[PDB]
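The model presented next includes GC376 (bound form).
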2 protein chains.
Amino acid sequence: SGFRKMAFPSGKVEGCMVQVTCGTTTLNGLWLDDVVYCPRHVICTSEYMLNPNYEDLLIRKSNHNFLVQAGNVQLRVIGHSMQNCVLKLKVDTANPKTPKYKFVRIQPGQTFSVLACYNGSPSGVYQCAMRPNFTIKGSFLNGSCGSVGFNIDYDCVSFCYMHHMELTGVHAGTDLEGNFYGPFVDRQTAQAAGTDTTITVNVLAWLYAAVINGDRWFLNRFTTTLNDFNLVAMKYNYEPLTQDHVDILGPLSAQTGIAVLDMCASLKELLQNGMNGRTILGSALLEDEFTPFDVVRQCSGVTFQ
Amino acid sequence: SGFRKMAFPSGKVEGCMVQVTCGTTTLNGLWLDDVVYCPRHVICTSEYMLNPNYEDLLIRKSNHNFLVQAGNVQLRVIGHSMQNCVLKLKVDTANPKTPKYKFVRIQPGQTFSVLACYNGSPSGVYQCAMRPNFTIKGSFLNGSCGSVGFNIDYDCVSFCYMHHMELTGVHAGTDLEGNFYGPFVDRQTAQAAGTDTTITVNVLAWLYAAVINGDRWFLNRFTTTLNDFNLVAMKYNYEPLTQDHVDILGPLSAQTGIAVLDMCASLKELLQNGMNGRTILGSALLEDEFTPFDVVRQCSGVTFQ
Ligand SMILES: *[C@H](O)[C@H](C[C@@H]1CCNC1=O)NC(=O)[C@H](CC(C)C)NC(=O)OCc1ccccc1
Ligand SMILES: *[C@H](O)[C@H](C[C@@H]1CCNC1=O)NC(=O)[C@H](CC(C)C)NC(=O)OCc1ccccc1
């Protein structure tokens, strides 16, 4: 038993990280087969980040302007191209440690692991969610650009995120085809994230994890309707709940014998009375960064090969 | 910027995990050079866990009673021995993926990463601390025994923990020489953890991380003395603060220009007035599982090779 913010093992991703230098700008790249992927703003200078014209910047470059380092080994760039906001650098050596992979675009509310890197070198791994406003609350310093986010599916690494920029305390990036999550652009202008909301289905999955681990004090005998719940959730900035969410929570209600709409009644009380100084799973706030699948995986124990 | 419960990249450890089967009991083992390390209770039967005599159990076994699997490869056990509470299984193949390693015993208050495994297969990575009562608050299901805890030092993996048992919601284990943390034994008897306390030096390091990231509301102009602080800390079950702790916090006070004893005055107020419904770094409780070194690493950005 127990419950922890758990990330995926990062070994399969660590073997794909490289250092990409262009000029005096160094960041991380992702090396799969003979392509290195990295943020396109590696080709900006400190006198361009205000309003770059990336097509102009790229035509003025040749392959030898791109220093790609894998450990102490140098990779020769033999071709480059731009795909939306990422650069694809073709190199002469296919990465022998290339795992089975796919590129997927995730939805708000889903979680993934981030392998934070500096100078091509893995520094740390942590779990986070894509927020409803298409930012993540990460931990990134200068030089972390190009760090990637990923899930693991049995044996396949699904790459879903590449890091590009910090806004005001939060973090924004692209999928691996180079398309931004959210209405952001990769230039330094005054852009801000929209209003964040609480991911309701995730809070309910976490209350089920609590019940599974012995925390029961917030339960009650009431029920509510989907519609009566969503009227209260709206007032507290919670995402509305759909019949799809109920079905997804099905495995957890079956395991605890507590109906989804029963649990919504407890959440309604917590939202109106507060925690009153008690904690749930070691937290004094309602946690919304575990999906129903995260709870199942951790409270049942799925491995990976 | 940002602040996350961050674990070490697990790649170097994933290559050392194996499945160890003896009878109908399967758990994980650690494979370094030609030795596999695992909990000695793999040689217990379901009719022995009450009060085993491990020396008797071990003499009744031969090498071929031990099935060691590395992926889909079988390792031949050519010798075994007992070292306190762990089994050392000598095998015919040295692990080619053996990293540079040391075995270290950590102290209460220090943190490490746990690679939770099932059937020799890595499932997840998370960070935790060794509590003052020598338990950890982990997340472990049946079959997780043999999972290891580790720090990474530049290029060397320091192994500090092997998992053995769950008590009442918390988790207990040994160092890699087989000696338990705390006064626990590896049998099923009624043993309980002593009283846990809050790791004061870690709470202060986390308040500094908050200041570094813009959270300043709890600061004040007061100072206190080491002695006046420890009188309040005692009442709230906080570990007493020593002059060694002050010095360790030195790098963080220098970076924020806030003296250690100034910050103790703010902590004293938080302990006496409470949070009053505000949060610090996204938490409504005082967090004690980041060491001063964890804060420096994350708020400055140390990598590993
Ligand atoms: C690449 O490592 C870096 C990521 C930042 C550095 C600090 N933390 C991060 O996540 N990227 C940039 O520096 C990026 C460059 C292009 C978008 C031109 N810009 C960026 O993040 O700075 C804009 C900003 C605005 C307001 C607050 C903080 C940053
Ligand atoms: C090995 O994977 C397993 C670890 C437990 C299983 C559930 N979560 C864990 O961390 N080890 C055991 O089953 C262990 C066997 C030897 C110590 C004989 N015993 C154990 O943890 O059960 C004792 C216990 C007492 C009270 C509550 C829970 C467990």
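Chain identifiers are assigned alphabetically from A in the order in which the sequence lines are presented. By the numbers in the PDB entry, the shown part of chain A spans 1-167, 169-306. Numbers in chain B track the PDB entry; the residues on display, in order, are 1-167, 169-306. When a ligand or atom number is given, it counts from 1 through the structure's own listing order.
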**Request:** Map GC376 (bound form) onto the structure by ligand number or chain letter.
**Result:** ligands 1 and 2
**Item:** Chain with most contacts to GC376 (bound form, ligand 2) (name per UniProt)
**Value:** 3C-like proteinase nsp5
**Prompt:** Judged by heavy atoms, which other chains are less than 4.0 Å from GC376 (bound form, ligand 2)?
**Reply:** B
**Prompt:** Which UniProt domain of chain B holds most residues that touch GC376 (bound form, ligand 2)?
**Reply:** Peptidase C30
**Prompt:** Which of the UniProt-flagged active-site residues in chain B is closest to GC376 (bound form, ligand 2), and what is the least heavy-atom distance at 1 Å precision?
**Reply:** B:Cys145, 2 Å
**Request:** Please identify which atoms of GC376 (bound form, ligand 2) are closer than 4.0 Å to at least one heavy atom of B:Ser144.
**Result:** 2 (O)
**Prompt:** Which is closest to atom 8 (N) of GC376 (bound form, ligand 2) by heavy-atom distance: B:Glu166, B:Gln189, B:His164?
**Reply:** B:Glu166
**Request:** Under 4.0 Å, heavy atoms only, figure out whether GC376 (bound form, ligand 2) is touched by the backbone of B:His163, its side chain, both or neither.
**Result:** side chain
**Prompt:** Side chain, backbone, both or neither: which part of B:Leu167 has a heavy atom under 4.0 Å from GC376 (bound form, ligand 2)?
**Reply:** backbone
**Request:** May I ask you to identify the nearest protein heavy atom to atom 3 (C) of GC376 (bound form, ligand 2), giving residue, atom name and distance to one decimal place in Å?
**Result:** B:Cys145 SG, 2.8 Å
**Prompt:** If you measure from each non-hydrogen atom of B:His41 to GC376 (bound form, ligand 2), which part falls under 4.0 Å: side chain, backbone, both or neither?
**Reply:** side chain
**Asked** Can you tell me which residue and heavy atom of the protein come closest to atom 19 (N) of GC376 (bound form, ligand 2), and the distance to 0.1 Å?
**Response** B:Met165 CB, 4.1 Å
**Prompt:** Does B:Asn142 reach GC376 (bound form, ligand 2), in the sense of a heavy atom lying below 4.0 Å from it?
**Reply:** yes
**Prompt:** Can you identify the residue and atom to which the deposited model gives GC376 (bound form, ligand 2) a covalent bond?
**Reply:** B:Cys145 SG
**Non-hydrogen contacts within 4.0 Å of GC376 (bound form, ligand 2)** = B:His41, B:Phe140, B:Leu141, B:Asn142, B:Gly143, B:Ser144, B:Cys145, B:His163, B:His164, B:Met165, B:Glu166, B:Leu167, B:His172
